[PDB]
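Structural view - vorinostat in its complex with Deacetylase.
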Number of protein chains: 4
Amino acid sequence: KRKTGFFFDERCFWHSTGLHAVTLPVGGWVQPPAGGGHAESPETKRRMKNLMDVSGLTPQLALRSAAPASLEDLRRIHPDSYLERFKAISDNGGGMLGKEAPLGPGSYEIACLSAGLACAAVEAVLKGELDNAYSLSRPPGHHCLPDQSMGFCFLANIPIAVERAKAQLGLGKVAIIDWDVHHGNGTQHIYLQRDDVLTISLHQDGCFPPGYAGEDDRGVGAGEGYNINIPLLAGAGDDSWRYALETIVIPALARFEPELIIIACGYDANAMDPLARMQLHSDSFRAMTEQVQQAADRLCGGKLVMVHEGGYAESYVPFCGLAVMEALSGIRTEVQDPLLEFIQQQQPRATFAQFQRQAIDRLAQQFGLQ
Amino acid sequence: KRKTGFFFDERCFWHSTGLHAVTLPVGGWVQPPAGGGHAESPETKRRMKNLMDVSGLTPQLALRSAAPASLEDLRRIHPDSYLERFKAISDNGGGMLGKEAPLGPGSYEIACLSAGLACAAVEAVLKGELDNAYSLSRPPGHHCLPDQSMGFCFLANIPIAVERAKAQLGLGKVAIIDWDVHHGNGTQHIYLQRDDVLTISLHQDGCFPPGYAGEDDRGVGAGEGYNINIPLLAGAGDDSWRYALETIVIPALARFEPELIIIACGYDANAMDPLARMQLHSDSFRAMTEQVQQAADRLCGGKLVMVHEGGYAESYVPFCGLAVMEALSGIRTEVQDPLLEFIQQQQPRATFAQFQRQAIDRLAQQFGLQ
Amino acid sequence: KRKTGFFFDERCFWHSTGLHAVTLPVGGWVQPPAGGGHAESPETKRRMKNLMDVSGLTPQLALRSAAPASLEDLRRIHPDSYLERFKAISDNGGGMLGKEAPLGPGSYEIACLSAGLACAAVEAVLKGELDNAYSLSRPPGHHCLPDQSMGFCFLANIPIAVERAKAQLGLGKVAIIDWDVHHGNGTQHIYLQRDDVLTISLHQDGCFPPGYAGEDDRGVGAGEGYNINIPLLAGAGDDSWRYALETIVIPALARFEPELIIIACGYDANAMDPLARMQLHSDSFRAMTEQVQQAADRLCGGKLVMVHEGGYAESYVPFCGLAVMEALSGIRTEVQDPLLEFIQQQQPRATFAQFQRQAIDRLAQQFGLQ
Amino acid sequence: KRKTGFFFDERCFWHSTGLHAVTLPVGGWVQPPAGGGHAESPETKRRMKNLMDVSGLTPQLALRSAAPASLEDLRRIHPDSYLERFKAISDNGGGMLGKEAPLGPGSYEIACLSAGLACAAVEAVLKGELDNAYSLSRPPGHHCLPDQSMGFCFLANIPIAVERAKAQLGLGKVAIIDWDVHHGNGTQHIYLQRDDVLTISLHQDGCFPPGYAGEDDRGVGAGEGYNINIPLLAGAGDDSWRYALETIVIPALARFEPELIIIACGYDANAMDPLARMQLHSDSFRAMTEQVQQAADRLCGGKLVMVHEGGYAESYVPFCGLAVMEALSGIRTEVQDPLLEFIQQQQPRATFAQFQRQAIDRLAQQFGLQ
Ligand SMILES: O=C(CCCCCCC(=O)Nc1ccccc1)NO
Ligand SMILES: O=C(CCCCCCC(=O)Nc1ccccc1)NO
Ligand SMILES: O=C(CCCCCCC(=O)Nc1ccccc1)NO
Ligand SMILES: O=C(CCCCCCC(=O)Nc1ccccc1)NO
Ligand SMILES: [K+]
Ligand SMILES: [K+]
Ligand SMILES: [K+]
Ligand SMILES: [K+]
Ligand SMILES: [K+]
Ligand SMILES: [K+]
Ligand SMILES: [K+]
Ligand SMILES: [K+]
Ligand SMILES: [Zn+2]
Ligand SMILES: [Zn+2]
Ligand SMILES: [Zn+2]
Ligand SMILES: [Zn+2]
């Protein structure tokens with residue numbers, strides 16, 4: 001039906017972060033790994049693209065790369081002191097950009113590309129050249145603060161793309177919905193005092209950043225009311241995430257009236273993920289994509305951009321990604337998710353489901369949406 | 001303080017199960033993995049032993065191997081038709097023992113060793129040669145039915161050891177507590193009609209076998225009252241698992257009065273596990289070990305055996321295993337768990353904790369323990 | 001300069017062969033591998049394509065896939081009894097097609113694709129739509145006999161493409177030059193009695209098939225004089241391989257006067273290869289490509305097809321492949337081979353070089369070329 | 001027959017060197033590896049010990065660890081400026097100790113252990129507590145210069161052990177025979193001016209250090225005549241290496257009359273090694289061990305120590321190591337090398353063999369041994 005862009009570049013798969021045993025740095029009591037290392041591996045993302053190819057989906061999409069984000073683009077978000085230190089470490093062979101921010105040689109130029117893919121996806125959709133678009137942006141962006149890398153993120157991908165669109169393409173109100181299972185603390189910080197961007201994060205209560213829930217953080221000054229955190233309970237599955245979208249996110253969008261919806265699209269709420277404890281399956285992600293595409297249809301002429309964030313289940317993320325691209329493009333391949341029925345049977349029973357529904361009801365009331 | 005046995009054999013690390021992408025068999029829509037493959041990898045278990053060595057713990061334990069379980073030992077549990085088919089597949093190069101039971105060449109002899117390590121651990125403790133013991137039994141046992149492999153298990157390790165002890169060492173009542181995060185369906189089936197073994201399983205509601213909770217399954221005929229299932233909510237952490245032990249398991253043991261406690265000790269309730277959604281840390285496992293050691297001290301002269309089951313977080317399981325061996329032996333090394341404080345901060349907040357406490361209270365009432 | 005085809009398909013990277021420690025099957029005394037497994041891994045070939053992309057070469061080539069080779073195409077070479085057994089094993093989950101021929105689920109359809117890429121490359125060049133072409137055909141073909149898989153090969157890729165071109169496109173004389181470091185025993189067998197195809201193999205003396213040199217095997221009946229084996233000494237490097245091309249292969253082509261040259265292009269003579277003992281570098285492969293392209297220019301209007309075979313050095317093969325594609329297309333990227341100068345310094349000294357030159361001189365005399 | 005020490009420590013397997021694709025550092029044109037990384041991996045050495053265990057050999061050996069080499073031990077070879085910089089990099093998380101010397105966190109203490117295992121092996125044999133001994137020393141030592149790391153070596157293991165034995169145990173003349181396939185440039189440098197140690201290196205001509213042969217380097221001043229380099233031709237196999245031992249090494253030992261023979265025992269001349277081009281099999285290494293054990297029996301009361309160096313064929317090195325330990329201890333297990341007959345068939349034919357024999361004859365004449 002739609003003309004759907006897929007923005008990606010081989011170079012994004014070349015970003016490295018040194019030797020880790022899953023998330024632990026090697027040394028001391030942490031033995032080096034015999035096989036695969038850091039959880040933020042290129043394979044998480046490359047396997048999704050590989051499955052899109054063998055499924056026959058890829059040739060029916062508009063495939064694109066992009067020019068890297070320029071220095072000027074980076075500077076709408078990040079000060080030079082941060083950028084220079086990121087680039088120095090990148091240029092000297094890789095190393096640490098403060099605690100638990102490892103990067104590799106040439107990571108700077110690859111992070112600029114990753115942000116440039118997001119910039120170009122936003123631009124194509126805004127200019128009406130595409131109906132909607134997905135950016136396979138690695139490294140991710142949603143934890144990055146202006147002057148601090150965190151949670152495997154080095155540049156604030158979505159804010160860079162948005163700020164560029166506001167400066168060059170007259171973009172007005174935009175909503176950012178972050179269903180990566182971790183809290184989008186970088187996006188929240190950047191837009192905390194602004195009423196022209198609504199930031200919504202669904203996330204696992206207390207997961208990352210650790211110990212953060214955030215429901216009382218609504219924004220400050222002019223931005224008060226324009227930040228929504230939905231801390232879902234660890235263990236929640238398909239029913240809970242879809243109910244939260246239905247009850248909180250879709251009504252919030254209706255009230256705000258954006259001209260563009262952007263999804264920070266992680267898959268780490270999937271049921272086999274080592275970096276969170278949620279129980280989503282590929283049909284969960286397909287249903288959430290349909291819900292936000294339908295909202296985009298009602299509110300901003302169908303303009304929807306999705307930007308890849310997290311997801312660390314190497315065998316399972318591809319099936320979730322494929323589902324999203326199928327829902328986005330309107331094209332169904334012959335692929336059947338081999339774990340779907342298994343994960344459907346593992347879903348929380350009625351007691352938990354109702355408990356979580358009531359917690360979501362209390363949040364919607366607290367946010368003035370019910 | 002204690003004389004603690006550690007039973008293990010290099011050959012257990014040589015059991016293989018063919019090519020998988022985590023748990024998915026390769027083929028069709030599942031792309032072959034570039035690095036590590038099946039989640040049930042030798043590294044999950046070998047890294048624990050490696051950390052015990054470098055920590056200085058190993059030389060303070062009684063290290064042992066064992067003779068494999070004999071055919072006669074296997075036949076107290078398993079009929080010959082199953083055993084012959086397992087051995088035929090093992091002897092012909094590996095393959096499938098029905099659906100989703102892959103094994104490799106020589107797996108039969110390695111499964112017999114794994115069960116023999118459990119037999120010998122039970123025997124050493126029963127005969128008073130050791131105070132307590134741990135068996136690093138791979139492949140695991142707690143899903144195996146008499147005539148059906150399941151959940152990476154090929155022989156019923158703990159039942160074989162128990163049935164041998166009943167036949168050769170006059171063992172009477174024994175309690176089996178299974179804190180692997182999946183349901184011990186094999187142990188439950190084998191002892192379902194018996195009052196001489198109490199089987200207790202704490203597990204994630206609906207996880208594996210998928211869609212099974214089990215609270216109403218209490219045993220049949222003479223065995224009614226002697227099976228206890230505790231389906232904990234996905235997402236539960238340290239508070240919940242320890243409260244369930246305190247409120248249900250310790251009182252159940254006090255009522256039953258065993259002569260030996262055996263733990264089916266998996267670590268897959270750890271907070272980084274891809275095969276479940278629980279939030280335990282190394283101190284959770286240390287505290288659960290202390291609770292059951294203390295019960296063994298009160299009830300059966302300190303006689304406690306632990307038998308390794310699951311745990312698939314390759315970087316994290318070693319820290320959990322070390323904690324158990326430290327608590328079992330009474331010796332504290334200088335190792336500090338580098339994720340402990342991180343996972344403590346991710347723990348469910350009070351709302352969930354109280355909800356899960358009330359669910360556990362309802363189970364204890366239903367089981368006549370409150 | 002040229003219009004160069006690059007024929008490849010994502011599905012070729014999905015062929016698997018079960019669990020191996022490099023080339024050894026697991027079991028018995030062979031411990032399962034912790035990381036990567038069979039040497040014939042998709043990464044050997046995928047890393048070459050990945051480097052072509054990041055170098056900027058790929059968009060300057062004519063990229064294509066192909067229809068799989070049909071049953072009729074396969075049957076010009078292979079009898080049905082072989083084909084049916086290959087397909088049965090493929091369809092039943094993978095397994096063994098006799099000794100040391102492991103394949104995986106769906107390998108049949110992927111081998112048909114691999115052969116179809118070669119068919120299409122030959123066709124495009126023959127019809128004048130491309131000047132020259134490379135096929136990234138995996139699994140490889142040059143060891144496959146009509147009724148027997150061997151050396152990781154399941155279908156005879158190049159013979160299938162040639163026989164199809166003879167039947168459908170009026171192809172006459174064709175020369176096949178095989179510089180994979182192992183002997184092309186499948187190609188040699190298929191064309192042994194034919195004067196319409198000249199098969200030339202440069203290979204490591206005695207490497208694979210093991211213990212075979214082959215210099216006295218010249219062909220039989222009408223085919224006598226139309227098979228040339230050049231068993232080079234283990235340890236030989238750039239000087240030796242280029243001298244053999246210069247002294248034996250180029251004059252043999254001049255005498256035969258082909259209408260098309262096909263290269264069976266392996267990279268396993270590279271200096272870091274675990275499956276042979278030769279000392280070639282990326283400039284060796286670039287120089288050999290230039291030599292055969294120049295011959296094609298003199299003899300058959302520039303018509304040259306290259307078909308990927310072997311090469312198992314995962315970090316080094318990409319640099320060798322890139323060099324070939326640069327020489328084939330006439331386009332030089334900015335990539336500099338980081339091991340080039342190192343391997344140049346390891347090359348055999350003058351004593352060995354002259355010894356090997358004299359051995360090549362004796363062969364050229366024996367073949368009537370000097 | 002013999003009482004054979006095997007000195008090893010789990011901690012030696014914990015030394016890491018960052019992210020590499022085989023030997024290439026990641027970055028620039030080198031894509032990060034999906035699976036295993038640096039060729040100098042713990043698995044090369046751990047798989048040998050694992051096979052010794054499952055073969056039943058290990059319990060028949062004298063197993064030992066050791067105290068790390070002290071600062072005083074290190075300072076007999078290395079100046080403080082080098083040692084302090086090695087330790088600073090080790091203590092700060094790992095990094096580079098000049099070009100192509102990557103090390104990891106804590107590598108300093110693990111290198112001191114590796115050297116301490118060699119010290120203790122030499123001591124046990126010298127004091128008559130063992131007949132002979134093997135040290136599984138990782139990281140290796142034979143390339144290390146006093147003030148420069150090279151070729152994966154950080155401390156000069158064998159020189160440290162020898163210099164300590166000369167200072168504390170009255171050791172006189174000692175011969176060091178290095179059959180690692182690369183040149184022992186560190187040992188050669190350290191003893192170049194000394195007549196109390198004879199250093200002999202068999203190595204692949206020009207391999208590592210690259211472009212070095214060394215036959216004319218015989219020693220300087222008092223040390224002239226006490227260094228022997230044997231640059232064997234790339235491609236050489238069992239016949240050549242054993243003939244060189246027979247014709248050059250055994251007569252050189254007979255002339256020098258040592259009180260102790262030490263072997264720098266690498267396995268990287270094995271026929272599947274990516275880091276050299278030789279064709280040895282497990283029986284080659286067994287025969288070389290017998291030759292030097294027999295010399296030790298004739299010359300120095302059977303006193304032989306072997307110290308692990310290189311070997312990077314992960315599936316094959318274990319079989320070669322097992323063979324050495326079988327020959328050293330006098331105990332034959334039931335293990336049969338599954339590649340033995342294959343590699344026997346790949347061996348160079350008579351033409352090459354005789355050529356290499358004549359080259360060895362010329363060296364023996366040049367060294368005054370024929
Ligand atoms: O996917 C992400 C990043 C999530 C990071 C979660 C795990 C972080 C971690 O493991 N932290 C840690 C590591 C070592 C020591 C202490 C904390 N964001 O969307
Ligand atoms: O650790 C265990 C075994 C748990 C197994 C859980 C995952 C099983 C799985 O992934 N099942 C599956 C695979 C392919 C297709 C459908 C189901 N028991 O303690
Ligand atoms: O690259 C190839 C295939 C070469 C195969 C060489 C190694 C074969 C092997 O390792 N054989 C073997 C394995 C196990 C036992 C005995 C032989 N052809 O071009
Ligand atoms: O095993 C050893 C060490 C041998 C090292 C051989 C390979 C070195 C290498 O690959 N060098 C290189 C890497 C990158 C760029 C240039 C040279 N010694 O016994
Ligand atoms: K989120
Ligand atoms: K805002
Ligand atoms: K359980
Ligand atoms: K019971
Ligand atoms: K060849
Ligand atoms: K012919
Ligand atoms: K040497
Ligand atoms: K000397
Ligand atoms: Zn995330
Ligand atoms: Zn489990
Ligand atoms: Zn080959
Ligand atoms: Zn070496």
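All chains are named by letter (A, B, ...) in the order of the sequence lines, taking the proteins before the strands, and each is independently numbered beginning at 1. Remember, it's 1-based here, ligands and their atoms both numbered in the order they're listed.
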request  = Please list the parts of the model that make up vorinostat.
outcome  = ligands 1, 2, 3 and 4
inquiry  = Quick one: what other chains come closer than 4.0 Å to vorinostat (ligand 3), going by heavy atoms?
reply    = C, D
task = Check each of D/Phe342, C/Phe208, C/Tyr312 against atom 1 (O) of vorinostat (ligand 3) and report the one with the nearest heavy atom.
result = C/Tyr312
task = Considering heavy atoms of the protein only, find what lies nearest to atom 9 (C) of vorinostat (ligand 3) and give residue, atom and distance to 0.1 Å.
result = C/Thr23 OG1, 3.7 Å
task = Identify any other ligands or ions less than 4.0 Å from vorinostat (ligand 3); say none if there are none.
result = ligand 15 (zinc ion)
Organism of origin for chain C (entry) = Klebsiella pneumoniae subsp. ozaenae
ask   = Looking only at heavy atoms of C/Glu309, does any of them come nearer than 4.0 Å to an atom of vorinostat (ligand 3)?
value = no
key: Heavy-atom nearest neighbour in the protein, as seen from atom 19 (O) of vorinostat (ligand 3), with distance rounded to 0.1 Å   = C/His142 NE2, 2.7 Å
key: Under 4.0 Å to a heavy atom of C/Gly151 - the qualifying atoms of vorinostat (ligand 3), by number   = 3 (C)
key: Numbered atoms and elements of vorinostat (ligand 3) in range of C/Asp268, under 4.0 angstrom, heavy atoms   = 1 (O), 19 (O)
message = Counting only heavy atoms closer than 4.0 Å, does vorinostat (ligand 3) sit against the backbone of D/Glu341, its side chain, both, or neither?
response = neither
query = At what distance is the nearest protein heavy atom to atom 14 (C) of vorinostat (ligand 3), and which residue and atom is it?
reply = C/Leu24 CD2, 3.6 Å
task = Among all protein heavy atoms, pick out the one at the shortest distance from atom 18 (N) of vorinostat (ligand 3); state its residue, atom name and that distance to 0.1 Å.
result = C/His143 NE2, 2.7 Å
inquiry  = For the 3.5 Å polar cut-off, considering only N or O atoms, please tell me whether C/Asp180 and vorinostat (ligand 3) meet it.
reply    = yes
request  = Provide the number and element of each atom of vorinostat (ligand 3) under 4.0 Å from a heavy atom of D/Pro338.
outcome  = 15 (C), 16 (C)
inquiry  = Within the 4.0 Å heavy-atom shell around C/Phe152, which atoms of vorinostat (ligand 3) are there?
reply    = 3 (C), 5 (C)
message = Could you pull out the residues near vorinostat (ligand 3) at 4.0 Å? Heavy atoms only, by chain and number.
response = C/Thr23, C/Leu24, C/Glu100, C/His142, C/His143, C/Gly151, C/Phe152, C/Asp180, C/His182, C/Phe208, C/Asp268, C/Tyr312, D/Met272, D/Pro338, D/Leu339, D/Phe342
